[PDB]
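This entry carries danoprevir.
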Amino acid sequence: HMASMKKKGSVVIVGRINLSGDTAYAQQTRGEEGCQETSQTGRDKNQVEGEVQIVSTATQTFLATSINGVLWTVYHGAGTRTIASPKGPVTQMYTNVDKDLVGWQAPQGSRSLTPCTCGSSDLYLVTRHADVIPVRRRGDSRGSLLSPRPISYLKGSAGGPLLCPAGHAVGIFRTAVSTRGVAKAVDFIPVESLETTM
Ligand SMILES: CC(C)(C)OC(=O)N[C@H]1CCCCC/C=C\[C@@H]2C[C@@]2(C(=O)NS(=O)(=O)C2CC2)NC(=O)[C@@H]2C[C@@H](OC(=O)n3cc4cccc(F)c4c3)CN2C1=O
Ligand SMILES: [Zn+2]
């Protein structure tokens, strides 16, 4: 029993969504074999850049977003896992299963988004494929897609940001509201809920 019990690996940063220029695009920074090794050791010496990371476990891939010096993502992707870092695995600093939220100290080299104080309801969702999708805010934690899409297009983007027109963080993408496989709306953890957690 006890001597053979395994440990879950760390979450590993495997890429990023580049939002620095005039064109948004995904970049991969680590392949699958390196990901598997890094998840086991928890030691990731790769340089981190940007606000939105593409992250992976052994079994899932999703997004994580830096806001106020914390790299946030969804519990349904990360569970209670550590994140791999240059000095070894780093324990979560926030875990809230009720909000579907986790966070770790933001990695060195990352850039953080600023929480939105605009009160604007014209939002933009950034996906793991670097699609920037307009979303009208419809409540505290809900927004409608201006152009509905099959849920396939959104899968793997939980943990990504909803941004206001000025590029502030408004929320973290959590669930898709789908009818017959088509996403007409999204639900997100509002940035105020992060700010309170902090
Ligand atoms: C709530 C409502 C209205 C009934 O809708 C839905 O339950 N809908 C579904 C539609 C699923 C079809 C794919 C949709 C495409 C993209 C979805 C964004 C996404 C994703 O990309 N994940 S991932 O692939 O990156 C993945 C690798 C990280 N999330 C999901 O699938 C989540 C995961 C699962 O929810 C949860 O486990 N919890 C645990 C929670 C605890 C507290 C609060 C919560 F809300 C919680 C939500 C169901 N999910 C939905 O979205
Ligand atoms: Zn704003």
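Residue numbering for chain A follows the PDB entry; the residues present correspond to positions 982-1179, in that order. Both counts, for ligands and for their atoms, begin at 1 and track the order of listing. Because only heavy atoms are used, hydrogens play no part in the values below, and waters and symmetry mates are left out as well, while side chains stay in.
- Here, the model contains danoprevir as ligand 1.
- In this PDB structure, the PDB entry names the chief binding partner of danoprevir as Genome polyprotein.
- For atom 21 (O) of danoprevir, the closest non-hydrogen atom on the protein side is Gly1137 N, 3.0 Å.
- Checking only distances, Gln1041 never comes within under 3.5 Å of danoprevir, N or O to N or O.
- In this structure, no other ligands or ions lie under 4.0 Å from danoprevir.
- Within the set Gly1058, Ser1122, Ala1164, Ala1157, the minimum heavy-atom distance to atom 17 (C) of danoprevir is found for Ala1157.
- Here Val1167 has no heavy atoms under 4.0 Å from danoprevir, in either its backbone or its side chain.
- In this structure, atom 20 (C) of danoprevir lies nearest to the protein heavy atom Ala1139 CB, 3.4 Å.
- Under the 4.0 angstrom criterion, atom 1 (C) of danoprevir counts as having a protein heavy-atom contact.
- Within the 4.0 Å heavy-atom shell around danoprevir one finds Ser1138.
- Residue-level proximity to danoprevir for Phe1154 is carried by the side chain, the only part with a heavy atom below 4.0 angstrom.
- The source organism of chain A, per the PDB record, is Hepatitis C virus subtype 1a.
- Summary of contacts: the protein heavy atom closest to atom 3 (C) of danoprevir is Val1158 CG2, 4.2 Å.
- Not a single heavy atom of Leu1044 lies less than 4.0 angstrom from danoprevir.
- For atom 49 (N) of danoprevir, the closest non-hydrogen atom on the protein side is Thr1156 CG2, 4.0 Å.
- The nearest non-hydrogen atom to atom 46 (C) of danoprevir, considering only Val1055, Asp1081, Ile1132, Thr1108, comes from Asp1081.
- For atom 22 (N) of danoprevir, the nearest non-hydrogen atom from the set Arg1130, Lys1136, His1057 belongs to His1057.
- The shell of residues around danoprevir (heavy atoms under 4.0 Å) is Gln1041, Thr1042, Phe1043, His1057, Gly1058, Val1078, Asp1079, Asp1081, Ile1132, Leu1135, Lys1136, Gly1137, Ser1138, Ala1139, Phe1154, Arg1155, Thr1156, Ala1157.
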